[PDB]
J.: 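A single structure is presented below for examination.
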Amino acid sequence: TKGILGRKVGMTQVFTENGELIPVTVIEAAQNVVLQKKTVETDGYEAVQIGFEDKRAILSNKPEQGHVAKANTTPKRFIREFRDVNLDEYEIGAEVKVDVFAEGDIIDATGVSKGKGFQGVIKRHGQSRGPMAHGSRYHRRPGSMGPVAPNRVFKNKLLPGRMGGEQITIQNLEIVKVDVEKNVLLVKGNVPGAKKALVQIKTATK
Amino acid sequence: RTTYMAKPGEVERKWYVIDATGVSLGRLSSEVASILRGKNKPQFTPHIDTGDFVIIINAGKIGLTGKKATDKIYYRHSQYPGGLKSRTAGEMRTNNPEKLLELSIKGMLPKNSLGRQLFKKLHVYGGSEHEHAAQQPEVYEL
Amino acid sequence: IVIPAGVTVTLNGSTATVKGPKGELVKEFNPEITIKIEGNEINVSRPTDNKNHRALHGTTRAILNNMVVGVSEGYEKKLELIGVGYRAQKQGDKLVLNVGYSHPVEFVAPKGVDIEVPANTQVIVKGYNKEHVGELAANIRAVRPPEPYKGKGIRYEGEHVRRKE
Amino acid sequence: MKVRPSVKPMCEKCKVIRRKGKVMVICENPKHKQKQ
RNA sequence: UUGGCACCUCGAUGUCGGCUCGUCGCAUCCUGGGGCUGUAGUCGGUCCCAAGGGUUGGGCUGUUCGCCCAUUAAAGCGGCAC
RNA sequence: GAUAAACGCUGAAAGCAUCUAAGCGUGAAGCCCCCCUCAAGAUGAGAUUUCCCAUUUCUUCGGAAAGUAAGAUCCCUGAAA
Ligand SMILES: CCC[C@@H]1C[C@@H](C(=O)N[C@@H]([C@H]2O[C@H](SC)[C@H](O)[C@@H](O)[C@H]2O)[C@@H](C)O)N(C)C1
Ligand SMILES: [Mg+2]
Ligand SMILES: [Mg+2]
Ligand SMILES: [Mg+2]
Ligand SMILES: [Mg+2]
Ligand SMILES: [Mg+2]
Ligand SMILES: [Mg+2]
Ligand SMILES: [Mg+2]
Ligand SMILES: [Mg+2]
Ligand SMILES: [Mg+2]
Ligand SMILES: [Mg+2]
Ligand SMILES: [Mg+2]
Ligand SMILES: [Mg+2]
Ligand SMILES: [Zn+2]
């Protein structure tokens, strides 16, 4: 199981050798370093901690500087753990390049979905509108809060509230191209998040 | 008038270690509840906590008579519609015995703020080893 | 119960070990039921007379008898494939049956059981542990149990299959 | 299988037994299988 | 369900159908497992286990219901102030 | 992985028989996992890595207050929020 951290650059399309045209997400994954290895003896579980993008000194504090000094590297914007990896691979301070993947590798992409702010039940939960005419005064409303008997509302009556900005995993995206000199992965289809969003690419759990 | 009342930290609370191997789940629990509550001390004061600390070891070997291992069901409700989960006493004695004994003893403690303090004095271990050697626990017989 | 030549029946507390020529067995019996060892003969001791003990008695006898006869001459359950294109093959340690399915069905015998196949139309299951022979033989029969209309499928060699139109 | 509160021998071959605290009759004739 | 009674509510407990939102039971409509069959096969019948998910769009009528058209794996039956 | 109905193996009680009493196996879209998300206010408040260090004057006493460290905020430019 291999893993890397990249930024979503954007979407485009590529023609396959076949001739088919496929949509791709461009993930730029430069400056991934191995910062720490967690073992069962020390931490209670196997994981490798990867630091992604380089960050100006004045944006880092002394606690951060002390943690990346152990891996002889500069402060890092994003630090994430990968579990289910082989710790025998990964030396502390080693770069992690996008060539840990190959064209045809099936990956899971994890990121935070775009923020839509306060949203109603129609957009947030795909509920149906009431009629728009025939005397209706019920358009974009949540529906009955429930029956009478329990003198209260059950605990998953879906209602308006803040919509996106959740963690999302898309499973089984094909890697379409790996460009090491550009530190670029091309992934078939889309991954969560706005442009410039952290994307965690790891080998498909399935 | 003149009846004695224990003050907090007046009565010496002792540490006891009790082997659960073979004893009916209740029977163990009912005796332990009395020790936690302090019902075995003449200084017993209903509002204070004069009881002792209890370590139970070998909770995995606790006794369940009849078909209780398969037929005694422990229920939890999440408070979500249809959120009732169930476990057999048997499965719980195999995988989470610390939980089994805590459920059994919690039910036999007073249902109040002091009852919740008494529960904090109970330490259950599936096996034979605890990490409370510093507290110099004394073996207790039922 | 009579012990034959080569058989060494020992007793370690409640559990009996019976090592013979064909193989070796270890079966744990109920404590209170006590079993007496002698140079040639074995007798079982029923202490009290309660439904529990009356039963266990006959079982501890039966199983010990089975164990002992198990390591002496042994146990052979024999199966008989019926139906056009039903054939058994023996390739290594895998009994490969072709019994009318789109896939072939394969069986690896456990530790002590052996599946020799004289003819393609019949199978035989040798072993010392009688229940282990019983189970494997049943598991093989389970693949295509005899059907009532043309009697096709895997039967035991003595089995009496009910027949319909 | 016949599942019914009244379980009883339907022919001379029918045997009444108990499995797992359930009365049943087993028989050579499969029509006579009954569980209570 | 059709009822019986008149115990809460007449200083008001809004009453049918639909819409929105469901949630629960299982006496299961589909899908899963299985026994018997007057089970050759393909289809079925009947019973047992099973409530995870699923369980259509129209014509007529205020309707519920029902009939019909066309589908569907299936077009379940009930409770929650019908 | 463990089970339901069910099917068995071995097997007495009950010289037979019997899936069951002791003992083994098979066996469901269901149960528990596996998959996705939240989650230590899990007051039972967990763990790992890293950073700062032992200041001053009072307080009989316990403790208090008042400059700071690492770090954070106010304020300001904003949006991917
Ligand atoms: C078969 C009906 C049985 C009776 C119904 C109910 C009643 O009187 N409802 C009032 C209601 O009028 C308005 S709704 C328009 C009010 O807002 C509402 O609160 C309420 O008073 C009116 C409809 O008659 N009674 C308690 C029992
Ligand atoms: Mg937004
Ligand atoms: Mg609509
Ligand atoms: Mg309007
Ligand atoms: Mg209430
Ligand atoms: Mg009257
Ligand atoms: Mg009023
Ligand atoms: Mg049912
Ligand atoms: Mg109309
Ligand atoms: Mg109504
Ligand atoms: Mg038998
Ligand atoms: Mg299994
Ligand atoms: Mg499915
Ligand atoms: Zn009969």
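Residue numbers begin at 1 in each chain, while the letters A, B, ... track the order of the sequences. Per deposition record, electron microscopy, 2.3 Å. Whatever order the structure lists them in is the order used to number ligands and atoms, beginning at 1. Shown: partial entry. Contacts: counted within the shown part. We use all heavy atoms of the structure for the numbers below, so side chains are in, but hydrogens, waters and symmetry mates are not.
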J.: Just trying to sort out this structure - which chain has the greatest number of contacts to ligand 1, name per the PDB entry?
T.: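 Most contacts go to 23S ribosomal RNA.
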J.: Help me out - what's the drug at ligand 1 named?
T.: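 That would be lincomycin.
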J.: Would you pull out the other chains with a heavy atom less than 4.0 Å from lincomycin?
T.: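 Those reaching under 4.0 Å with a heavy atom: E.
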J.: List the residues forming the binding site of lincomycin, heavy atoms under 4.0 Å.
T.: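 Heavy atoms within 4.0 Å: E:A12, E:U13, E:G14, E:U15.
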J.: Name the ligands and ions, other than lincomycin, that lie under 4.0 Å from that drug.
T.: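 That would be none.
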J.: Per the deposit, which organism is listed for RNA chain E?
T.: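 The entry gives Listeria monocytogenes EGD-e.
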